[PDB]
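Next structure: contains diclofenac.
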Amino acid sequence: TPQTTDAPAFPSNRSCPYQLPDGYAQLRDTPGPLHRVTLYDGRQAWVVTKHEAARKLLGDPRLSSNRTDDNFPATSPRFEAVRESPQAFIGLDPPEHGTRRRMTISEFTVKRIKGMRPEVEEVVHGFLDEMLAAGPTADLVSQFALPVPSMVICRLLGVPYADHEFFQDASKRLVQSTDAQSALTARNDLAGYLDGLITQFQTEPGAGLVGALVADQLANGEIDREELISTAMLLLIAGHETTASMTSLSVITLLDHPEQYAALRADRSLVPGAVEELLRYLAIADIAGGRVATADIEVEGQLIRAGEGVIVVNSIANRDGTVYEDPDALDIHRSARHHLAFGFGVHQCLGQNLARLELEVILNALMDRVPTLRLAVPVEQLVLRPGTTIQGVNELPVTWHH
Ligand code: HEM
Ligand SMILES: O=C(O)Cc1ccccc1Nc1c(Cl)cccc1Cl
C-alpha cells in the first residue's frame, strides 16, 4: 500500500543549516497559497507557502495569535502544560496586543538602537578579546554567539547579568524542550526568578524595562504581575536566542560561500544588505508562524474555516521565486527587501532593529578581528536543531591562527 499523502507531516528538519528541507521545496513548488499538513498530534492544519499570501494572512485579523485556543496549530507539546500562564503580547490580538506592546516599544526605537551602538560594539569586542586570548579551538556558540546578545538584552531589561548561567540554561531548556514537563519546569524556573526581580524593584526602583514596568504600569494595575513575568520572559529569551542563532548560522553560511564572504570583507558598505539576505535565506523563526482562524477566510479559491490552524511558513515564503529571482541562491548583492524573516503586520518583530544592529556589528568584528576564522569540523558533522524550535546549532567548533 502506497504511503503518499496529501497532508505531509510538518514541520520538517534541515539537513544542511542553510538549505530548504526537501519536503519544503515540494511545498514551495506546488501552486497555490496554502497546503494541508499533519501536525505531531495527528491534527491537520494549513501552511502558507507563498510570499504575498503570507503578508495578506499575517495582516488579516481573522487569523488570531491566541495560543490558548484549543485549535491553535502547536507543532510540539511545548506549550500544552503552560497554558495556565498569561500570554505575552506575541499571543494577544488587538486591542490587548497594542496596549501591552506599547508598554515596551520605547526601548526599541531607531533612536535608542542608534544610542546602543557603543555598548553593542564594546560587548562584541570584549567577548572576542576573551575568546581570542584563550586561543583555538573554541565553541563559537557558548563563547560568543550567546553571551553577546544576552549581555545586551539584560541591560535593556534590567536583568542582572550575574545570573546568566541560570537564565541562559532555563531559556535553552524552554525553547528546545521536547516534552511538556521539561518546558513547564524551565518556564517555572524563569517565572520564579523574574517574580523575585519584580519584588526587588518594588523595594528598590531601578533601571531597565522591567524596572520601568514595575514602577509604572504594575503599580497602576495596568498589567498583571504574571503578565509582566511573561513579557519579560519573552523579551529575555527572544533577545538572546534569535541573534545567537543568526550569528552561528551566518558564520557557517558565509564560510560555505567564500567568494561572497570575501566580497563582504572588501566592501563593508555591503554588510547591511548581507544581513538582510542572511535573514531571508536562514529564516530561523517558522515556529512563530502559527495562527488560528476565528472566521472563515477565502484565499484564492481555498477556504480556511473558522477553527482551523494556519502556519505562515516564512522560510518557504522567503524562497518565493516571484519575489526573489533564483530564490535558493544566496546573493548578498541581491535585493532582499520585503522578506518575512521578522514577520509582517501588527506583530512584526519588536526587536528587529536591535537584531540588525547586533548582526552588523558582529559580522564586522569577526572580519576585523578573526579574518582567519574557520570551522574546526566539517559542516556535515554539525548537529542542527529540529524544525520544532528556533533553527540553528547548539555547538560550533571554530579555529583561527593563534
Ligand atoms: C535575530 C533575529 C530575529 C528573528 C529572525 C525574529 C523573528 C521574529 C518573528 C518572525 C516574529 C513574529 C511573531 C508573530 O508574527 O507571531 C517576531 C516577534 C517578536 N520578536 Fe523577534 N526575531 C529576532 C530577534 C528579536 C530580538 C533581538 C528581540 C528582542 C527582544 C525580539 C523580540 C520579539 C518580540 C517581543 C516579538 C513579538 C512582537 C509582537 O507580537 O508584537 N526578536 N520575531
Ligand atoms: O515559541 C516557541 O515554541 C519557543 C519560544 C519559547 C519561549 C519564548 C519564545 C519562543 N519562540 C520565539 C522566539 Cl525565541 C523568538 C521569536 C518568536 C518566537 Cl515564537
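In chain A, numbers come from the PDB entry; the residues present are 7-408, in order. Start at 1 and go down the list; that is how both ligands and their atoms are numbered.
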What ligand or chain labels cover diclofenac here?
ligand 2
Which molecule here shares more close contacts with diclofenac than any other chain, as the PDB entry names it?
Vitamin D3 dihydroxylase
Within the structure, is a non-hydrogen atom of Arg84 found at a distance of less than 4.0 Å from diclofenac?
yes
Which of the heme-binding residues recorded by UniProt for chain A place a non-hydrogen atom closer than 4.0 Å to diclofenac?
none
With respect to atom 7 (C) of diclofenac, which of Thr395, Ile96, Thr81, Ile243 exhibits the smallest heavy-atom separation?
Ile243
Please could you name the atoms of diclofenac that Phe85 approaches to less than 4.0 Å, counting only its heavy atoms?
1 (O), 2 (C), 3 (O), 6 (C)
Diclofenac: other ligands/ions under 4.0 Å:
ligand 1 (protoporphyrin IX containing FE)
Protein contact of atom 17 (C) of diclofenac - nearest heavy atom, named by residue and atom, plus distance
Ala294 CB, 3.7 Å
In terms of residue, atom name and distance, what is the protein heavy atom nearest to atom 13 (C) of diclofenac?
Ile396 CD1, 4.0 Å
Could you tell me which residues UniProt lists as binding calciol in chain A have a heavy atom under 4.0 Å from diclofenac?
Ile293
Just jot down the diclofenac atoms closer than 4.0 angstrom to any heavy atom of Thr248, in number order.
15 (C)
Tell me: protein heavy atom nearest atom 11 (N) of diclofenac, and distance?
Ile293 CD1, 3.8 Å
Within 4.0 Å of diclofenac, heavy atoms only, which residues of other chains turn up?
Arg84, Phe85, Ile96, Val181, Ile243, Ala244, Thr248, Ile293, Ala294, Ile396
Output block, N or O contacts of diclofenac, threshold 3.5 Å exclusive:
residue: diclofenac; atom: 3 (O); partner: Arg84; partner atom: NH1; Å: 2.9

